[PDB]
> 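Here is vincristine bound to ATP-dependent translocase ABCB1.
Proteins get letters first, then strands, A, B, ... in listed order; numbering begins at 1 in each. When reading the values below, keep in mind they use all heavy atoms of this one structure, side chains included, and skip hydrogens, waters and symmetry mates. Header lists the method as electron microscopy, 3.2 Å. Just so you know, ligand 1 is whichever comes first in the structure, and atom 1 is the first atom listed for that ligand.
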Amino acid sequence: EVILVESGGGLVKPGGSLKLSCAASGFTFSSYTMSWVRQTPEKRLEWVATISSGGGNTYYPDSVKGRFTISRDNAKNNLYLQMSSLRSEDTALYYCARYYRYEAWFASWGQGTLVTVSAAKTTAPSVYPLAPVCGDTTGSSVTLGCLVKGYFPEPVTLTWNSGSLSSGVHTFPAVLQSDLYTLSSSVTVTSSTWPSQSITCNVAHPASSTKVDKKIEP
Amino acid sequence: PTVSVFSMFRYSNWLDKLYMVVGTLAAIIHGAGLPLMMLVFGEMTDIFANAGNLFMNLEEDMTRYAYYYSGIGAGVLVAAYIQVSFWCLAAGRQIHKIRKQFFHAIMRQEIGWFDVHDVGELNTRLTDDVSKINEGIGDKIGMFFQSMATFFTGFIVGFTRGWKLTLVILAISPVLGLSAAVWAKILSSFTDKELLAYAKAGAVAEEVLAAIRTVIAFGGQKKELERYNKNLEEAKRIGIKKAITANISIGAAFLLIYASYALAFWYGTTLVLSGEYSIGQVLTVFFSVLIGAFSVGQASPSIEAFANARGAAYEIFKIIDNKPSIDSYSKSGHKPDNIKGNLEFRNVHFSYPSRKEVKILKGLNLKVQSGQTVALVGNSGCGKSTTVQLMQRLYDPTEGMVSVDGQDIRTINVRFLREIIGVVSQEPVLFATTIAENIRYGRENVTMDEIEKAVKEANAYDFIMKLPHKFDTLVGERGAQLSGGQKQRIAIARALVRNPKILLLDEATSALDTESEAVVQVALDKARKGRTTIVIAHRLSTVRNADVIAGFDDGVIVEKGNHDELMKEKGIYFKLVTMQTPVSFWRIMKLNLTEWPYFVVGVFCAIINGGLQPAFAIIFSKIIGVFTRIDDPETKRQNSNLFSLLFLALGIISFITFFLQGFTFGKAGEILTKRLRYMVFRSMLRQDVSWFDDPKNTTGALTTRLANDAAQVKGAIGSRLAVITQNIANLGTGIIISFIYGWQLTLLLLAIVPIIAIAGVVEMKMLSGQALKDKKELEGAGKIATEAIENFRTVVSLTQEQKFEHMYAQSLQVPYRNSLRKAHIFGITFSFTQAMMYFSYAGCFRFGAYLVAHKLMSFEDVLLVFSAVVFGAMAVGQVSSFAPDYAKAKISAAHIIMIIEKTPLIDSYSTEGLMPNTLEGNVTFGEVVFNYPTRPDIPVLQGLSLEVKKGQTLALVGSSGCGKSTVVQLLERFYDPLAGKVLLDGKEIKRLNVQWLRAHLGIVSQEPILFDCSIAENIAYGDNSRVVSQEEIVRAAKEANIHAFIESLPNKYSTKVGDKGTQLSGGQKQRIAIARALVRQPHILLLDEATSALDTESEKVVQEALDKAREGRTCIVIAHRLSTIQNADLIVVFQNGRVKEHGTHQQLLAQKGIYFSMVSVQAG
Amino acid sequence: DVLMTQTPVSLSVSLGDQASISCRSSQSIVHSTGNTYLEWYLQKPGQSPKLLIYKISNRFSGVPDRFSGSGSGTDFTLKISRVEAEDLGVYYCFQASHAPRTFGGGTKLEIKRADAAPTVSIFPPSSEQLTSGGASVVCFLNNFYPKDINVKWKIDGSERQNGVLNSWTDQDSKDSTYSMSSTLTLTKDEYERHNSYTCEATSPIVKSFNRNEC
Ligand SMILES: CC[C@]1(O)C[C@@H]2CN(CCc3c([nH]c4ccccc34)[C@@](C(=O)OC)(c3cc4c(cc3OC)N(C=O)[C@H]3[C@@](O)(C(=O)OC)[C@H](OC(C)=O)[C@]5(CC)C=CCN6CC[C@]43[C@@H]65)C2)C1
Ligand SMILES: CC(C)CCC[C@@H](C)[C@H]1CC[C@H]2[C@@H]3CC=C4C[C@@H](O)CC[C@]4(C)[C@H]3CC[C@]12C
Ligand SMILES: CC(C)CCC[C@@H](C)[C@H]1CC[C@H]2[C@@H]3CC=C4C[C@@H](O)CC[C@]4(C)[C@H]3CC[C@]12C
Ligand SMILES: CC(C)CCC[C@@H](C)[C@H]1CC[C@H]2[C@@H]3CC=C4C[C@@H](O)CC[C@]4(C)[C@H]3CC[C@]12C
Ligand SMILES: CC(C)CCC[C@@H](C)[C@H]1CC[C@H]2[C@@H]3CC=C4C[C@@H](O)CC[C@]4(C)[C@H]3CC[C@]12C
Ligand SMILES: CC(C)CCC[C@@H](C)[C@H]1CC[C@H]2[C@@H]3CC=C4C[C@@H](O)CC[C@]4(C)[C@H]3CC[C@]12C
Ligand SMILES: CC(C)CCC[C@@H](C)[C@H]1CC[C@H]2[C@@H]3CC=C4C[C@@H](O)CC[C@]4(C)[C@H]3CC[C@]12C
Ligand SMILES: CC(C)CCC[C@@H](C)[C@H]1CC[C@H]2[C@@H]3CC=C4C[C@@H](O)CC[C@]4(C)[C@H]3CC[C@]12C
Ligand SMILES: CC(C)CCC[C@@H](C)[C@H]1CC[C@H]2[C@@H]3CC=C4C[C@@H](O)CC[C@]4(C)[C@H]3CC[C@]12C
């Protein structure tokens, strides 16, 4: 299978210069056209740049040409996008995508990488346990929460017990307010699980190197 | 005119008719072999371009396609062998039959056919015409059929794959056909254009090299040198223009090929991108149709060669179709049995077909009985030799009827009659075999005892005993090894061994001494009693003892009777008897060191032309790699346009650089050849007459050295520097690039490049044909033809043609076998080097599939390595074929630098020596011995001596070739004698100046020779390094009594005269030779044969200017006519070189000696 | 520029019905090669888009035969037959035939289902947050349908607070339900001032707790 992963996206002040890298494995990188596509916060996709298989031809849309610049390193199997003179409207989620024979333009999309361009300063989150009053049970099941609050910028990772708990989880999308983000998550486990063995809320905020595992307690 | 096509294959049997049909089928198959390869290759590239799917089953499919390539390779191996072998065998066998029949037809020919048609033309037409026929019916026809088959297969495969793309190629395809046709027609050994340019200068060279002694005599070398230089510069100009246009043509061929690639790819990507064709389909179509269109032009020299062969076959077949009026191959005539000698001539009018307007004979009637020795007397011109030739039926008389013992010749056999008549001609010739064969040449079965009997009757056994190999001695050409007397006596024996019934001698004792002629005549009277006899000679010693003597006048036999009958008759015979009572040295670049800028530009352009092949390999690999990558239609469209434009630009660069390289090397080469011809010719002129004596280098070796050196040295200099440089650039860049791109595949392909290059060379050599075939063998065969055409006069008497044709055939039997084996060998080598390409395709792409599968290189890299190393080793083969040989060039350069640095005895540009201000005119020769350098064992002088004073008309009289013109050459510094002393007014000629002597005197040559210009520039050749006045031109003409024949011709002093004066008559050219020397006004004058061909009234008007100008200057006249000898001051008779008598004419007439016998020829 | 406009912006489809989206272009896209390039992409909630028909009426490897495309000139359409819950997201129509490549807006697909009621659960502010001077009460309204629900916080039985924060997950591909969270955030002092906190989903669904700590 084709694996494209991306890296290098972080907060930047307007007018700054960023550089994104996307490593590609599982196919012959030096044979395929590759593109960068971008998804805004209103969730409207927009093409950003395209580069051919040798590195000769590159195509940009009028909006972005001059400021952005795409390149590829065929020896390390890497795709780079250099960005300059950023704007607030260039804040979005960036995907690398690989071209398909029979002429379809984006066959294999990578995972996103989130790029924010604002004056807001980095702010580590505040993780809070959530348990029922005095450990009260709701029958044969227990629902536990975890609240992260007041962070910036958006990307934040939340798991339960390093990913062991995955079946009955409900993470809710982040809500921006006062240049700060708020996110929450719930888990549902049998009554014979949580009071017996404790459940840990793993939170990470790469922007601030924050990483906290908060155990839920009655 | 030319023969029909049905009459070219006239000597074709059932076996030769089968060879041609099967060679034609195999050539068709071989032809269709290549477009099928392009079809498989197009289909194969789709397996590699769609190989990787997001490589399984790539090596299986490349196994199948390796089987396809190897099957086509095997088919082409077998078919190409069959094609070449069978066509060369058909042509070989047919040419053999043609050679034999041609010579056999030349033998069965009327006498005088050779006078009409020169025998250098026969001997040269023989070999040239048979080679020119052979060329056209050989493998050129197989190649023609192969190329037509390639054309049709190409277009059928094209139209079946996709028609839209083939139609576009077909629209530009006639231009491709014309480009290729013009290229190959220009290419087919465009050497005759240079020969046509140099023809005129070679004519001047052959003129001056016919009369080297004459030109040296007048001393006018510089004038002829200016003429040669003018002709030479004209030829140089034509050559420069020819190089310009030939190279422009090659350049436009390449421009068109590359722009064709550009168009094919620009439209083929439109079709691929639209989805209609694939990339393999486009490769298939483009290459198939391009190759078909080029193969049509690869067959254009075949129609040329066939037209030339048709032309030459017309001449040969016409020679073999004519049947003469007399021929020894017809048995119709009756053979008599009871042989009795009886001659009957009556009313015999006959004329020579050569000059039929003149009638020498006006009827002769004669009846001669058995044994009657009949002698015929008369001056030279009545036709005694004509009667001798009339006897053997060399001709037929126009009026009357001739008979021999009752019945006429005209109903009886020519062979039987010819064998029984032993005849000896005036000047015999002897065959260059052993003397035993020579005497055996009388008849078939003669044993050595009869040989000894006949040679002892000829009294020619002494010189047989003194010389080694007494029966094994190979006599030289034309009897040069032995002496004249021995030769004539053994010729008598050769006539006698036939045991004749009628004997006919003609001048049997021309140069014979007393006792040998006596014993010969005694033997002749020992074998005359059973045979009729007719003897013709000048000596009246062997005439007085005959039976009946007769006398010719105006061809008519006027006097008849015995001795005393003509004594009492008191006629002309009475008057006659009343009066009678290693190394090789390299300096070839120094020769061309003056033209350095042309070489700088040329080597630069050659580097670029070598680099043009790897650049194409790279561009081609990249275009095919545009469609093996996963890119969008815009990327593919832009990159395809970029690379099509690069094809076009490479085309333009190729046009310019080909033009320039060809033009600059051609200009340098032509400057070099002009300078070389000039320097060599000036050096030849500066060599004395003693160097020219050598029979190797007298006439032909020097002109062939001029027209060979010209080509050869430019070959060495230009070939070396251009071909080594172009091929180094080409292959070096190809191999380096293909090593950095893939080294395993490169090492595999590096073992196959020798065979691809040599395959190119063998093919191109097949296209040029064969320059020389069985050289040694052709010599062995043609020596017989030479000696049989030269001795024709003798051999028609001897009637030994059959026994000569058999010798020819036997001499042919070795080159025949040799040629059939050579065909079976050449077929194999050609077929193998042709199949090697298909096997190389198969091997390379199987290895390539292996590498691509293990991901050790890309497809584009396999394609680049293949194209640079294999598509670009064919170009090495072509380039290396086109270059002229270096070995022949280097040996030619060795010979040229030998002749150039050659140093002769005396220098012509040397004024050093004794230069006295005054002279006296007295000459004195004493004890002067001269031996020819060519003949060092035979002395022609024995220490002669002389004394000459002012105004002394000194006459020299003797036999022919006894040291008459020797004293001339011994004065004019042609030869310097080994011993002797020559005082010229007390001044030895060896210490004087060499040009002064040749400037003071002036002579007339033995034979007058004039130059290719008007008569004005004939007489104004006599005085050079000086402004010639026309008042002396008309004065000398009036004095020589030629002014009338000049003032009569239109454009009197600008009438262009032929070579040697072939337009005007012998008397006039003898007069204008007298006027040519008259302008010299010499203080010492010589005349050799001043009245050879002149009238009797013209001699008095020639001598009257001499008699008035004899005073003051020493005069020396050598002639045979006594008229100028009676009035001379002193006379010197010679005998084998020795001065016998000298003094005043009266003192020689008082004491009767040998000179008295000289005066006793025809006076009274 | 050529801009694509998709006719329905939201599309509700019963499970088993047929769903037809259409993407009318503006410049009648057709390349110079005579091919017209028009692809459809599907983004399922929380994943990267995925290819669906790389031209008019082709199908990508792995894509069921329910998806079919068909279009001509300047009007193109996509039809799905027998929708399932797995096929649930935003459908974009990309066109790469002209020199700026443009996507469409999108058409959210929503599968209908039997109205369920939330498992509501309320959570009291943690000790850690109270120490820093803050109090946030959190109430999850899990696995309900349809989306439209109202939550009303009651402090001390009467104080209908309004300073809350709400956030909806997207429709779950497994059970087609929704969820959402209601977070009531105030000061530690304004919280301590009261005892009973009630969460009410809207016969409403109530949940509540009584203390500042237990
Ligand atoms: C009987 C002997 C033999 O058949 C001769 C000769 C070589 N053989 C192998 C068969 C062959 C030929 N082409 C092939 C293409 C693919 C696969 C096999 C072959 C060729 C032929 O066409 O015969 C009908 C030929 C080829 C080239 C050649 C002159 C030449 O002979 C006429 N070139 C000299 O420089 C090159 C080229 O530029 C040219 O022709 O210029 C004079 C030539 O372009 C054209 C229009 O041909 C081309 C392209 C085909 C360009 C680059 C290199 N490739 C390699 C050489 C060359 C070719 C046949 C065996
Ligand atoms: C015309 C004379 C001199 C030569 C005869 C031409 C031969 C070689 C021709 C006759 C019929 C031709 C074939 C006709 C049908 C096809 C099928 C197609 O899918 C590939 C080409 C192919 C395979 C052609 C190849 C060339 C071919 C075999
Ligand atoms: C040797 C000469 C006279 C051949 C005649 C030239 C022909 C072959 C040339 C002239 C104009 C060309 C045509 C012009 C228009 C088109 C229409 C298209 O749908 C296919 C190609 C096609 C059909 C071209 C094919 C080649 C063509 C027909
Ligand atoms: C006479 C030689 C040297 C050149 C002749 C060139 C002619 C035959 C070639 C050159 C360019 C070619 C055209 C290239 C472009 C097109 C457009 C295509 O969609 C139809 C075919 C058509 C119309 C081709 C027809 C044939 C064409 C006109
Ligand atoms: C004399 C004949 C055989 C030559 C035919 C003319 C060739 C040289 C001409 C015909 C059409 C031309 C092409 C027409 C259009 C373009 C697009 C441009 O962006 C690159 C050059 C390119 C690709 C041209 C290359 C040269 C070309 C192929
Ligand atoms: C670094 C290396 C591998 C560069 C490769 C150079 C090779 C390809 C060069 C070097 C010497 C060259 C050869 C030198 C001499 C001649 C002899 C002549 O009769 C034909 C050309 C020929 C045969 C040249 C062909 C090209 C050649 C073989
Ligand atoms: C190992 C590397 C350098 C391989 C280079 C290939 C060499 C060995 C090959 C390439 C081309 C070949 C030459 C091609 C043509 C000629 C001309 C002929 O009249 C003599 C053989 C000669 C001179 C060949 C000799 C071998 C040769 C020089
Ligand atoms: C005339 C002489 C030099 C014969 C050379 C023939 C070569 C070129 C031919 C002969 C038979 C061919 C082989 C036939 C069978 C196979 C087996 C397969 O697993 C690999 C390809 C391979 C190995 C072919 C490659 C080319 C091959 C080896
Ligand atoms: C070029 C001509 C004259 C003969 C050369 C034949 C070469 C190219 C052929 C002969 C032997 C062949 C090999 C035969 C079998 C194997 C084994 C395996 O590992 C796959 C490829 C490989 C290695 C083949 C590659 C092609 C090969 C190397």
> Where, by number or letter, can vincristine be found in the structure?
ligand 1
> Give the letters of all other chains with a heavy atom closer than 4.0 Å to vincristine (ligand 1).
B
> List the residues that UniProt gives as binding ATP in chain B and that have a heavy atom under 4.0 Å from vincristine (ligand 1).
none
> Which transmembrane segments of chain B pass under 4.0 Å from vincristine (ligand 1), judged by heavy atoms and numbered from the N terminus following UniProt?
1, 5, 6, 11, 12
> Per the deposit, which organism is listed for chain B?
Homo sapiens
> Okay, heavy atoms under 4.0 Å: who's in the binding site of vincristine (ligand 1)?
B:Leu34, B:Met37, B:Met38, B:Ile257, B:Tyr261, B:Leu290, B:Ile291, B:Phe294, B:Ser295, B:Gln298, B:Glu763, B:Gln834, B:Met837, B:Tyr841, B:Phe871, B:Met874, B:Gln878
